[PDB]
Colleague: 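Before anything else, here's the structure in question.
Chain identifiers are assigned alphabetically (A, B, ...) following the order of the sequence lines, protein sequences preceding nucleic acid strands; residue numbering begins at 1 within each chain. Computed from heavy atoms alone, side chains included, the values below leave out hydrogens, waters and symmetry copies. Counting convention: from 1, in listed order, for ligands and their atoms alike.
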Amino acid sequence: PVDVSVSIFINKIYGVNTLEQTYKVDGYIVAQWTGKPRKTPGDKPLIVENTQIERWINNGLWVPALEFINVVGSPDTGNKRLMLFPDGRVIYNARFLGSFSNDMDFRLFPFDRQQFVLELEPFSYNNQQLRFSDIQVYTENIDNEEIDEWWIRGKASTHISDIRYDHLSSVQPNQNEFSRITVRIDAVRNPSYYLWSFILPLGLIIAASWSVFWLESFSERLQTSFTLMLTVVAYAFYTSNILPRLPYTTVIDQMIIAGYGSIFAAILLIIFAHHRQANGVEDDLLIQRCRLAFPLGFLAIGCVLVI
Amino acid sequence: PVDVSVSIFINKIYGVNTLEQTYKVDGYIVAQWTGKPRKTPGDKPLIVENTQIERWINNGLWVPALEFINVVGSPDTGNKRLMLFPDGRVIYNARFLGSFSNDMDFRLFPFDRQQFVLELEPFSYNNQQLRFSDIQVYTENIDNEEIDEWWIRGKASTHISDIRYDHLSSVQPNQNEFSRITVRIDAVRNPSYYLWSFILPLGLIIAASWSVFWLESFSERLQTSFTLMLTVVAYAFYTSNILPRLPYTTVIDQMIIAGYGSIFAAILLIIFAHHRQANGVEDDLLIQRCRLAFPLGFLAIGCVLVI
Amino acid sequence: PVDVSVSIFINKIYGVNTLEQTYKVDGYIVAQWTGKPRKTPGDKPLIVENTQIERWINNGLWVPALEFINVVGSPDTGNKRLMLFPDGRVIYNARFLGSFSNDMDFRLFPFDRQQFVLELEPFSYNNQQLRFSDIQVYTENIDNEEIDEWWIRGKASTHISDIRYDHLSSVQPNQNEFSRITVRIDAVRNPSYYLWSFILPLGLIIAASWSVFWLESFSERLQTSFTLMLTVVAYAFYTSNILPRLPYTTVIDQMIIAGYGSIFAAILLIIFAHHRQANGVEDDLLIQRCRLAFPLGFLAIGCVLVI
Amino acid sequence: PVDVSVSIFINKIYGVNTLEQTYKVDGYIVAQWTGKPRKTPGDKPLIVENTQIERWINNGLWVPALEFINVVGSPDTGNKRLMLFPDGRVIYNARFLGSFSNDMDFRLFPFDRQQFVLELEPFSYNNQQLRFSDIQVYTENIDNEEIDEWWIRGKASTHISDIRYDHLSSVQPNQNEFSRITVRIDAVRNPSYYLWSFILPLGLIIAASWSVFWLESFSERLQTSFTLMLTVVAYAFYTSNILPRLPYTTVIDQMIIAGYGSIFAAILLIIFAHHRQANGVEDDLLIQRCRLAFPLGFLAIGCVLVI
Amino acid sequence: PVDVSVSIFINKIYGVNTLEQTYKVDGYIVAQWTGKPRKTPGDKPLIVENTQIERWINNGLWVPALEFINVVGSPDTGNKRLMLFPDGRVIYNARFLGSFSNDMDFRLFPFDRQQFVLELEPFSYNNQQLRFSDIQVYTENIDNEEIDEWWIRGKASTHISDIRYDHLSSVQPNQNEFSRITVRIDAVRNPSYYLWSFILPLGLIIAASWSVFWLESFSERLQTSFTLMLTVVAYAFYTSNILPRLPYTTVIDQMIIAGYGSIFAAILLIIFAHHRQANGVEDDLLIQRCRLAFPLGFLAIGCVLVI
Ligand SMILES: CN1CCN(C(=O)O[C@@H]2c3nccnc3C(=O)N2c2ccc(Cl)cn2)CC1
Ligand SMILES: CN1CCN(C(=O)O[C@@H]2c3nccnc3C(=O)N2c2ccc(Cl)cn2)CC1
Ligand SMILES: CN1CCN(C(=O)O[C@@H]2c3nccnc3C(=O)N2c2ccc(Cl)cn2)CC1
Ligand SMILES: CN1CCN(C(=O)O[C@@H]2c3nccnc3C(=O)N2c2ccc(Cl)cn2)CC1
Ligand SMILES: CN1CCN(C(=O)O[C@@H]2c3nccnc3C(=O)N2c2ccc(Cl)cn2)CC1
């Protein structure tokens, strides 16, 4: 059972696709194992780049194909390198840019916590043939957190395991466990942009909605919530067109639903204030003055949606 | 007639193109058929990965090309593996990402039922040369329905059948039936996002539209439905910029039309109210008070569109 | 002069690009021609799939390149197959997906009739070297038009001709006419979406524009016409974002220009009615009541557009 | 010094990318030169299609690589052809699709004059080794300009010149001038769509803005200018979503700023009119009756854009 | 320790992706080194183009792969050229187009200062095997600055350095410093388009907002502030849709925030003016006439955000 020791060097994690639950990783794989000793020129290690690697594989060099289990599509492999040592050991070094897949929950956007994952697994060789000895992951990142969209928490957490593959086994009974390296990088979204540019003005819109009650006439009170309604639509349009695509409501979506709610609720009280009377124009002196009543009724219903 | 056994492993079904009637399928194919026995190194099955498979083919390994009938474009093939057993049998295993085509009706969106389909068929060998012995499909999915756009329902239908290509047959008469594997995976759309952020406020807009009759003045009444019209336009827009491209009207698309209708029907009633008179300002006390007439008249005419 | 029988089987015609004048065709080419008899294994027809065709060609197999004349870029090719019969004859079968070029008039959108074309031609052999014996095209489609964007009308037109490249001929004089196959598929656009979701409400906006004249005051008449204008801009905006980009105006675009007009004409009359007076508010006592005059005056200006 | 004759046949010029200063050119390249006499099968010219050309190159056939100096990326090449004549001469024919770069000024859009340029040059051979003997360009386009976005004007300009790369020469001193073919194709934009759907309504918006002065009251005069303001924004938007992305203002863009200006200037005058007084309500019966004054001040700013 | 002399020729720097922090570079690499003397045809340096380069490599030509350290994905390579001299020296020449990554701060857009960076380093060989003797960069760009998006300021930066990978060294101890060429080009953004088309009209929007205090009534003062609010939303939208996407606010983003605030402060002062009284309509003679107060109060807070 060949021991393969791995090092992944992560260069940039970028381009998160909310819809596809996808993110881009550029970096390097280094894979090392020990073969039977060789005679290299001089005595110095033999270097074999790109094209020539296939030539060595033809003359019988075992260079096992390691699949990125959760890569969507197949990665752009940059340069490849075989490092063949005379003491026997073999190093395969190559650059890759890949699009990777992971479960991503975006429901509390723009306050999501996500985690970026890599899954390596030898493509054709079982655990009894090729085994992952160890893995080091190097996230050569740090600093400039507010210039980048995401805050990396940890240093990269790792777990090597055995996967079975209990569908038709049968082919090779007793031996259908593959060893799998699983690298996880934890991360937090830097919400500033979304707070100041989406959350804040959506609030000023929402708040200023409640100023509909400081209007004197019923005609004023009502004709204005129609403009005010048109505003939340202008906003939802502005919001939706800019924000990441998801198949669900995020927190910001709910804020917008709440805007439609306060305003539609406003419409109802306002019409109600007017026509519920003991004459015709008996506008409920206190209900018309719910100018404080439901702004804080919104903030109570607001603090409960937080739970 | 070579018996070929297939097993398809479905990893991710994503990216439905509504206009193109398209979806993405990531997975693995395993194909097995049995040959004349080989003398393999050691005695354990021989592994041939990617490039070396072509090398084996140039030397006469029969690897029959299995075509994805309904793949739009030609799939992204990942690692390929030939697994050659001494008892003769041959296993072809490769990872694939493909764009598949199937008839998709999205009329009752966002509540569509869809079925993601795969059709396998040997590219050059007929039922009398190469035959599909059996096929199993494994969708090793589970959990997180409320996170995903699509909810898979069954375990996946399978069907092997025989296709008669009766166009110039003639070339090889009597032997022009190809055997076809058909996988069908049932699905339902996640209607939550479309309900809460589209259906709901669209209703509040349509509903608030009716509050125009609670206005005292005629000029207020009329000038108002023009802001109100401007609303359903800004809203139809927000919908169409965000919702999926189609060549037909969905349930939402209709709501928008009924939206335009209520307002335009209103405008007419309002002018009628005013100008159908025996003086100038004889507003039909009852017709100006059709505040209940067409709000509940909209629910009957609205629900008849459901039949 | 080698006789080539061609047969194209059309699977999907999708993805029309209105600015670039483009469409996608997925299907298969089958080309048949006859060589000197071969000694094939058994005596049965010899099959050569993908990778191997190029190999036979290094050993002198003439497999002439047939070019897609009006293809944009170079086609996505699926599986290749040579079918080599012992009596001499040779059949080439391949799958393709290509983006094709053709003149397309979209002036009468959403009611265009279009025709999707394939133009095949030998890439290197003239009419005296390679000639198209015949060509048949099978678009084994039918049914479900109300699901697809386009409705195919005919069964496909065919045309074999001779193309005379008379630019420097000279090199090989008297012999530079290549034989060309031309396929034609007629189609009609499915106007349903555009009828209900563009034409109808745009008609309602314009119609409701005319309701400006039932407004009592001048202040009312002119201000409401500003909202009216903004609704046509909001509509102008919703139209252009969803509708296909063209370098010319369609029918829907004109309805829009007509909209801005009916509204701008009213602005002018409305100011006129009021300021053309013998006192100050002498709205030409009758002209303000052109409530019927220019709506049907619009429909006549509308039918002058039948020309 | 090898004499090479070139002929380019342009099939389609399309897809102008304003931002990147790029356009697509599809066509064929033909190059002819005279080698040492050969013995071809029969004695008529030998044809070598695609794959097979490298094979001929591997055996010492000089097929010199001619680079498209201004191509963005590397061209999509379709079928390749070698034509080997017994008298020595060699013909290289290939189809290409390329994105080419040239300086493009889009300021006076939608009436720009652009020129599509192709630049050809041997990649590895200097003027003393390989020289462009002559070149002719064929624009086999014609008819129906009214359906196409761009109108090709001339019959294509041609220039063979010598480029002196005087950077370290040194390597090969006295000999580092490359021969360069320059093709120029002038064209004009189809101004129809933009005149009718941008300029005409952009104008009617700006014009109707001026009706603010026929409003009687000060509220009306001031408040409407705000609604009037929102319209130039909504119009600014539609303009921006549809029109080409540039790093500078176009004519229309300036038209839009002028819309914003006329309205902001009106805001001031309207306020000035009201408050420049000898009472409170000394509304300049005249400055409020600059109803003719500043529409022609706009026609003046309009004619100043020409100076 | 092989001396490699490098020269980069920059053709075009374009296509900057703000979210990915990406930009496109088209140009040429020249690499020169001296090997052991060769026997070339004639005595003139031998030319080996594209395809034939690998053929020389398979015969043992050392052609070391130079990695673009900071490239995103792997470059589109055009023509390659090997120039093999009799005296030993070898020149590698290739055109390339790549997307490169560099840290980009876009906080004070549109008044950005950026620097476009290229990083070269041998993929497999350290400082002791392969060393960069010198490098010159030629950016033969100039002029028409007001036509191109970015104004290249300095000439070109050059820095050869030694990178110490101190990760498992071990494998090759004492020798794991690679020599790195770093090219820096400074550039400044052309702020014209965003000034004249964004900054300016945004300013006129904000300013014309303050005129709400010149309105006589409270309803005039309040209701208009809502149309004023919807106008900022409209502008936010138009801005957002056109401007480059980033994860943080730029200057324009703040202007919009300031716009939202100014309107909300107005909603407040205005309601307050009205209800802070000793009667009911005692509109504070100074606070109603904060017509100068907070137009200038915005200018100090506007001037303090700059400092
Ligand atoms: C990464 N590597 C290991 C797994 N492979 C694989 O084994 O494929 C399928 C697979 N994919 C998903 C889930 N289960 C299975 C399974 O049981 N397979 C299988 C089963 C038998 C044989 Cl001979 C080959 N493959 C592809 C290459
Ligand atoms: C998957 N497969 C079966 C179909 N092949 C082929 O049959 O293509 C066509 C095809 N496509 C669609 C409908 N009918 C036909 C037909 O009659 N064909 C055909 C073409 C050539 C020959 Cl020799 C025999 N048959 C190619 C490979
Ligand atoms: C199908 N086809 C590809 C184009 N080929 C070719 O003929 O190239 C050009 C071409 N393209 C478009 C229009 N006319 C011509 C012409 O007259 N050509 C030409 C010019 C010289 C020689 Cl030797 C051969 N052909 C020939 C066969
Ligand atoms: C078509 N083409 C191929 C590449 N060639 C080349 O000359 O590239 C560079 C280049 N590109 C742009 C501007 N100047 C130069 C220069 O002086 N070069 C150069 C550098 C070294 C050597 Cl040996 C030869 N040429 C020139 C002709
Ligand atoms: C340009 N070139 C040199 C080095 N390569 C390389 O060094 O890969 C990794 C790498 N990438 C990023 C950061 N550090 C390292 C490291 O220490 N590696 C490594 C791992 C094993 C061996 Cl033998 C040599 N080097 C990449 C290609």
Colleague: By the naming in the PDB entry, what macromolecule does ligand 5 touch most in this deposit?
Modeller: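 The largest contact count goes to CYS-loop ligand-gated ion channel.
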Colleague: Which pharmaceutical agent is found at ligand 5, per the PDB annotation?
Modeller: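 PDB records name it R-zopiclone.
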Colleague: Heavy atoms under 4.0 Å from R-zopiclone (ligand 5): which other chains do they belong to?
Modeller: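 Non-hydrogen contacts: A, E.
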Colleague: Write out the binding site of R-zopiclone (ligand 5) as chain and residue number, heavy atoms closer than 4.0 Å.
Modeller: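 Counting heavy atoms, it is made of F9(A), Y28(A), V30(A), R81(A), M83(A), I91(A), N93(A), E140(A), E121(E), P122(E), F123(E), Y165(E), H167(E), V171(E), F178(E).
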Colleague: Of the transmembrane segments of chain A in UniProt, numbered from the N terminus, which have a heavy atom nearer than 4.0 Å to R-zopiclone (ligand 5)?
Modeller: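 In UniProt numbering, no segment has a heavy atom under the cut-off.
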Colleague: Which of the other ligands and ions shown lie less than 4.0 Å away from R-zopiclone (ligand 5)?
Modeller: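 Found: none.
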